[PDB]
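What follows is a model of Phospholipase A2 carrying bound atropine.
Residue numbers count from 1 along this sequence. Order of appearance sets the numbers: ligands from 1, and atoms from 1 within every ligand. Only this structure's heavy atoms are used, side chains among them; waters, hydrogens and symmetry mates stay out.
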Amino acid sequence: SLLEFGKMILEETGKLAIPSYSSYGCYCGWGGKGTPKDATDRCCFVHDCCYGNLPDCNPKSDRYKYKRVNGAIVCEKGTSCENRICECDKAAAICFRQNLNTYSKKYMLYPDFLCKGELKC
Ligand SMILES: CN1[C@@H]2CC[C@H]1C[C@H](OC(=O)[C@H](CO)c1ccccc1)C2
């Protein structure tokens, strides 16, 4: 679920999902179009594609379970949708962590008109 993803993001990065990642660049928090602005935005692009691989799943609301094995995220078995959603979220949280070194506040609340063009998954 979105709330679980937000908790995972905070655990991983030390940043609150809202507002650090809810309106960032062209793909974080609201998706759509444009060339991703930087590595963090590319994490969101891929996360959006990942959810897009699951047409008949409901990532915003469906809850999954996971544990930590030392720092590692381990998705625990639930329904097939839950397992796949968890793997999408885990990857995005790791990606955000890997790209904190280039996170830029200038991309928070990024305006929609600066995001044009389709980028295929
Ligand atoms: C799980 N749902 C999909 C359709 C709305 C959502 C979120 C999707 O893509 C996103 O993760 C983005 C954030 O990057 C998002 C946009 C708008 C609302 C919630 C999430 C796929």
message: Okay, for chain A, which organism does the deposit list?
response: Daboia russellii russellii
- prompt: Which UniProt Ca(2+)-binding residues in chain A are reached by atropine, meaning they have a heavy atom under 4.0 Å away?
  reply: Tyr27, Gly29, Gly31, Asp48
field: Min N/O separation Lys60 to atropine under 3.5 Å
entry: no
task: Check each atom of atropine against the heavy atoms of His47 and keep those under 4.0 Å away; list them by number with element.
output: 11 (O)
message: Only heavy atoms of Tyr27, strictly under 4.0 Å: list the atoms of atropine that pass.
response: 13 (C), 14 (O)
query: Where is the nearest protein heavy atom to atom 17 (C) of atropine: which residue, which atom, and how far?
result: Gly29 O, 3.0 Å
- request: Taking only heavy atoms of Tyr51 into account, list the atoms of atropine that are under 4.0 Å away from them.
  value: 1 (C), 7 (C), 8 (C), 11 (O), 21 (C)
- prompt: Which of the numbered atoms in atropine are below 4.0 angstrom from a heavy atom of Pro59?
  reply: 1 (C)
query: Which UniProt active-site residue from chain A sits closest to atropine, and what is the minimum distance between non-hydrogen atoms, to the nearest 1 Å?
result: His47, 3 Å
- prompt: Taking distance alone, with no angle check, do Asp48 and atropine share an N/O pair under 3.5 Å?
  reply: yes
message: Hey, which residues are hanging around atropine within 4.0 Å, heavy atoms only?
response: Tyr27, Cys28, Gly29, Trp30, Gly31, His47, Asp48, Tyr51, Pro59, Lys60
